[PDB]
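Heading - estradiol complexed with 3-hydroxyacyl-CoA dehydrogenase type-2
Letters A, B, ... are given to chains in the order of the sequence lines, protein chains preceding strands, and every chain is numbered from 1. Heavy atoms only: backbone and side chains are in, while hydrogens, waters and symmetry mates are out. Counting starts at 1 for both ligands and their atoms, in listed order.
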Amino acid sequence: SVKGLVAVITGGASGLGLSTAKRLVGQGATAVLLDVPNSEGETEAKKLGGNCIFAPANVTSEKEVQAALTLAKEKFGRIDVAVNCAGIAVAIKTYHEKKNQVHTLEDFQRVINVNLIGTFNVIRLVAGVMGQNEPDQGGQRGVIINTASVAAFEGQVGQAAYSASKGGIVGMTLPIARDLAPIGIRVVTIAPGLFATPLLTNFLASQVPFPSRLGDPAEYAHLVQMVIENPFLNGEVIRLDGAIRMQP
Amino acid sequence: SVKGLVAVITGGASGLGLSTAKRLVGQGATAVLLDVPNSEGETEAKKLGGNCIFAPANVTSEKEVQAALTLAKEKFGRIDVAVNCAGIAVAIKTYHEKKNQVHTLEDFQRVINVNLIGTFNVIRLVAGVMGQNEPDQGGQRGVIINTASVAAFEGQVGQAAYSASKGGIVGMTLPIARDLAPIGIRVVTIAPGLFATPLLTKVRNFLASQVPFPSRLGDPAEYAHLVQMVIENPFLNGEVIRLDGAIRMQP
Amino acid sequence: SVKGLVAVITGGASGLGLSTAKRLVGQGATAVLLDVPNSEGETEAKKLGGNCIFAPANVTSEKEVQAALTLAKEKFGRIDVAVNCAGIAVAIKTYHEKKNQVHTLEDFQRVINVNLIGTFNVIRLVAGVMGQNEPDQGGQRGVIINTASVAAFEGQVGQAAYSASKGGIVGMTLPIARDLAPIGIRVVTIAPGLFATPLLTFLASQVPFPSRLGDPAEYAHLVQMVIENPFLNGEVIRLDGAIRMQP
Amino acid sequence: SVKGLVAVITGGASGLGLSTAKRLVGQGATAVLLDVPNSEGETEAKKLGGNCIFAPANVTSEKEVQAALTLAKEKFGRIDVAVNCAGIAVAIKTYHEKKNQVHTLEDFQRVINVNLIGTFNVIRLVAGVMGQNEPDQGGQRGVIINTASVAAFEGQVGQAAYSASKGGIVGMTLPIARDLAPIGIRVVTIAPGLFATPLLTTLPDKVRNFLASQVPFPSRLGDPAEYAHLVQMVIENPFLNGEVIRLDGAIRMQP
Ligand SMILES: NC(=O)c1ccc[n+]([C@@H]2O[C@H](COP(=O)([O-])OP(=O)(O)OC[C@H]3O[C@@H](n4cnc5c(N)ncnc54)[C@H](O)[C@@H]3O)[C@@H](O)[C@H]2O)c1
Ligand SMILES: NC(=O)c1ccc[n+]([C@@H]2O[C@H](COP(=O)([O-])OP(=O)(O)OC[C@H]3O[C@@H](n4cnc5c(N)ncnc54)[C@H](O)[C@@H]3O)[C@@H](O)[C@H]2O)c1
Ligand SMILES: NC(=O)c1ccc[n+]([C@@H]2O[C@H](COP(=O)([O-])OP(=O)(O)OC[C@H]3O[C@@H](n4cnc5c(N)ncnc54)[C@H](O)[C@@H]3O)[C@@H](O)[C@H]2O)c1
Ligand SMILES: NC(=O)c1ccc[n+]([C@@H]2O[C@H](COP(=O)([O-])OP(=O)(O)OC[C@H]3O[C@@H](n4cnc5c(N)ncnc54)[C@H](O)[C@@H]3O)[C@@H](O)[C@H]2O)c1
Ligand SMILES: C[C@]12CC[C@@H]3c4ccc(O)cc4CC[C@H]3C1CC[C@H]2O
C-alpha cells in the first residue's frame, strides 16, 4: 500500500500528474502538486483536502524546485516518492522543404529544458531529501518515477525535439538508478502512448490496437501506484499504450 | 481487484507460478495449477484451498493442454487469465573449447519446445476459450501473461538455448497482442531477472551481489504482485517488463 | 577486402543468400551454397563459376549440414564465414475469430524448426570448423552472420510463428558471441525490413526512404561490411529504409 | 565509393572524427573538419592535404555552424555527408553519499548542450544545404551520421548527463529520418562502446587500465579506424536509415 507515503508530483495540476495525485490521496498518501503559478494547482489541491498541497514552481529553476521540496519536507516531514509528469510538446519538422523553414534552435532548447533538464533538476534535488530517510525493512529510502513517451522509440514527423527530450529520460534511467542504489532509491520510467489529457489540446484513438481508445489518466495513476508498491522494479522503462506503435 | 476471476497458471506447482497462485487465491480469484504429474501440484492445490485445483498437463502436449483448459472451464465456468510460468533451463556453451564439445541439437530443441512452443501451445488454445467470454464494459475478454527473462536481452555464456527460447517469447508478444486485439485479449510479457526459486536456490549469492538494488535475489511474491498489476491495468498490452532490481547481465 | 575468404551461405540458391554469394564471389571470395536439393543451387553455383559450389543440405538436419561443411572444408581448405539466410515464412493468426480457427501447433513448430533451430544447427557445427583456423593478426578465427527480421520487433498480425523464430535469433546473438569470444569468432545478426525476393515478389510505399522494397544487393553489401569490420560483435542491425511495421 | 563526396565532420580535429576524415579523404572524398579554435584542427587539415580544410566552430552556436557550412558550400559547391562526432563527457554522480554532493544543474546542462543540442544544431542547418543538391539515381540528397554511445543503453555510475545526452540522440534519430525522408536524406546513428581516443581520460584511472578485459572480442579498446570504416559503410549503403548500430566488441556495460 501507499498509505502515509509523501509524494511530490510535478505537473500535478493537470492530466497524468493530477490523476496520479487523486489516486494516491484516495489511497491514503499525501501529495504535493509541484506546478507553475499560472496553473490551477492551488484549487485542485484544495479539492483534494488537507493531505494535498500546492507548491508553485518551475522545474527548470533550481531555486523554485528547492523551495517546493523544502515546503514539502516542512509540512509533511519527509519525501518518499517523486513523480515527474511536468512536460510540454511541439510539432515542428527538422526542415520543412516547401516553406524552406528550418526548426529553430530555441524551440528545440525549450522542450529539452522543460522535459529533460527539468526532470533531472527534480531528481537531483529530491534524491538528497529522500536520502535523509531511515531505510525501511528492505533498505529502501525512496522511489522516483519519470514520464517519458513512446516517442522515445517511435518519434513521429515533427517530434524531433520531444523525442530527443524523452529519449534523454530513457537513457538516464539506468545510470541514475545505479547512482542511487547504495542509498535505496529506485528509479523507473513510464512511457505513455496516447492519453486523454489537455496535452492533446481528432482521430488518434483508432490507431490503438486494444483497448481501441486514448488512455484514461487513471490507468497511468494505477501503474504509478504499482511501481511504488513493487520493491524489485528498478532501472526499467514500461510502455503503457494499448499495444500501439507509432507511424510517421 | 481480481476477485472472482479464473486464472490458469502453467508451472503452477513451484517458484513463480506457485507464488502467483497463492497471491491471486488470497485476493479472491480461482486458480488452476497446470504442471506435470510428477510435481507437487496436487499438494499445493490442496494447501491452497478449494478455490485452487491441479490440472496435470505437459505444455508441449496439445491434448493435455486442451484437457486442462476444459477441466477449468467445466469446474469454474470460464477462464479470464492465463499466466505462462512453465519452463526449463540449461547451461551449455555453443562450443566448449576445453572439452572440445559442441552443444547438442537435441538439448537446444528441448529447451525451445518447453519454453517457446509450450507457451504458444497454451496461448493459442486459451485464446479460443477466452473468446467465448462476454466482453466487459471496456471490451475485454481475457489477459494472457507470459514469462520471458532478462536472458532474452543479455544472455550469458552457456545460455544460447534458454536465450533463444525467451527472445522467441519476447518477439511473439506484439504480433499475438495485435492478432487478439479484435476480441479484447491483452498479451503482456514479464522478463524476470534472478529470483529465489528451485531454479536458483556462492554460485547463487555472487549472482545476487550483482543486483544494484535491492541487492538480493528477487522474491517470487514480487513477481506475483507484478502479475496482479498486469491483470488489473486495462491499457497495458503488447509490452515486455523487466523485473530485476536494475541488473544487467555480464558474460 | 574479402578476397580469399571461404564462406558457407545457407539459403544461397535464392534471394538474399544468392545475392550475397554473387557479391562475395565478385570480390574474390569462395562461396558454398547450402540449400535444399530441390532448389536451383546447382545452376546458380554453375553460373558463378568454379569458386562457387552447391552443397545440398536441409539446415534442420545435423547429418546433412555436417556433410556440407565437410565438403566445404575439404574443397577449399577451411571456413572463414557463415551466413544464415535459409528461412521460411507463414501468415496465420493465433486465433481467427470469423472461422473459429486456432493456429495449428505444427505450422508454428515448422517455422521455428527451419528458422531458429536450423540457424543454431549451422552455428554450432561451423564454430568448431572455424576453431581449427590459425587466428589472424587480431585474434580472429571466423565471423557468423545470421538473418532475423524487423518482425522480431514489430511482428504484424499473422506473424506470431515467424516473429517467435526471428526473436529467437536476436535473443541468442549475444550469448553465442559471448560463448565464442575465447576462440575469436564474431557473431552479428541483420534484421532486414522488406526485400524484393521470392519470399515477397503497398508494402513498398510505407518505407520512409528510399520508398521501396530493399534490393538484395544492399543486404549483400551490409554482409560484406560486417565481415570486414573487426569490432562489430554481439549486435543486431536493422536494414529497412526506416520502416516501422503496423499491424 | 565515397570519391568526390563532400563531408563535414564535427569533432574532426581528434579521435573518431579525425580518423573518419583520414579514411574518407584517403578514399577520394573532401572533408571539412568543424572543431573549436583551440584544437589541432588546422594542423590536421594541412597534414591531410588540399581536399581537407578546417572550419573553426562551436556546435552550440547557430552563427558559427552556419558560417562553417557556408564555407564548405562555397569552397566545394555542395555538402553530401555530415558526421557528428563533437562531444564531451563527464563522470559525476547524481547525488554523492560519501561527499554529500549533488550533481550541479549547469554541469548537466553543459553536456546536453554540447552533445545533444549541438548535434541537432548541425543536423537542422545542414539538412537545408543538402536539400539544395539534385537527387541521385536513387532519390538521395545526403546522409547524416550521428555518434551516440552504448551509455544510451547501459549508462554506468557517474554517467547521468552523458547518458541523457546520448539517449536523446538515439531518441531523435527516427523522427529526423522520417522528417527528412521527402528530401532523400538518410539519418543513422552509431553507438560506440569504448575506443582508444583522447576522450578516455574521463574514467577514474583505476578504471581505464581495466576496460579491455570487459570487451568480449576483440578484447581491447576499439581502434578509431574501425569507427571510420563503419561510417563509410553507412555512407555507401542506400537502405540503412533510422537505425542505431552498436560498435563495441559485444561489450555490455556494468555499473
Ligand atoms: N497525454 C499524452 O498523450 C502523453 C503521452 C505521452 C507522454 N506524456 C507526458 O505525460 C506528462 C504529463 O502530460 P499531460 O498529458 O498530463 O499534459 P498536461 O498538459 O495536462 O499536464 C502537464 C503539466 O505540466 C506542467 N508543466 C509544464 N511545464 C512545467 C514547468 N516548467 N514546471 C512545472 N510544471 C510544468 C503544466 O503546467 C501541467 O499542469 C508530460 O511529460 C507529457 O510529455 C503525455
Ligand atoms: N528463477 C529465476 O531466476 C527466473 C529468472 C527468469 C525467468 N524465470 C522463468 O520463470 C518461469 C518460472 O520458473 P521458476 O523459477 O518458478 O522455476 P521452477 O522450476 O520452480 O518452476 C517451473 C515449473 O514449471 C514446470 N514445468 C517445466 N516444464 C514443464 C512442462 N513441459 N509442462 C508443464 N510444466 C512444466 C516445472 O514442473 C516447475 O513446477 C520459467 O519460465 C523460468 O524460465 C525464472
Ligand atoms: N525478403 C524479405 O522481405 C525478408 C525480410 C526479412 C527477413 N528475410 C529473411 O531473409 C532470409 C532470406 O530469405 P529470402 O527473402 O531471400 O527468401 P528466398 O525464399 O528467396 O530464399 C530463402 C532460401 O532458403 C532456402 N531454405 C528454406 N528452408 C531451408 C531448409 N530447411 N534448409 C536449407 N535451405 C532452406 C530456400 O530453399 C531458399 O532458397 C530468410 O531468413 C528470411 O526469413 C527476408
Ligand atoms: N572514445 C570512446 O570510447 C567513445 C565511446 C562512445 C562514444 N564516443 C563519442 O565519440 C565522439 C568522439 O569522441 P572521441 O572519443 O573522438 O573524443 P575526442 O575528445 O578525441 O574528440 C572529440 C572532438 O570534439 C570536439 N568538440 C568538443 N566540444 C565541441 C564543441 N562544442 N564544438 C565543436 N567541437 C567540439 C573536441 O574539441 C574534440 O576535438 C563523441 O561524441 C564521444 O562522446 C566516444
Ligand atoms: C505530443 C503528443 C504526440 C504528438 C501528437 C500529435 C501530433 C500531430 C497532430 O496533428 C496531432 C497530434 C495529437 C496528439 C499529440 C500528443 C499527445 C501525446 C503526446 O505525447
State which chains or ligands correspond to estradiol. ligand 5
What are the letters of the other chains having a heavy atom under 4.0 Å from estradiol? A
By chain and residue number, what forms the binding site of estradiol with heavy atoms closer than 4.0 Å? A/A89, A/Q159, A/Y162, A/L200
If the cut-off is 4.0 Å, which other ligands or ions are near estradiol? ligand 1 (nicotinamide-adenine-dinucleotide)
Of all the atoms in estradiol, which lie at a distance below 4.0 Å from a heavy atom belonging to A/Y162? 19 (C), 20 (O)
Quick check on contacts: which atoms of estradiol are under 4.0 angstrom from a heavy atom of A/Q159? 3 (C), 4 (C)
Would you mind listing which atoms of estradiol come within a distance below 4.0 Å of any non-hydrogen atom of A/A89? 1 (C)
Determine the minimal heavy-atom distance from estradiol to the UniProt active-site residues of chain A, naming the nearest residue; round to 1 Å. A/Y162, 3 Å
Under 4.0 Å from a heavy atom of A/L200: give me the atoms of estradiol that qualify, with their elements. 14 (C), 17 (C)
Which residues overlap between the UniProt NAD(+)-binding set of chain A and the residues with a heavy atom under 4.0 Å from estradiol? A/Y162
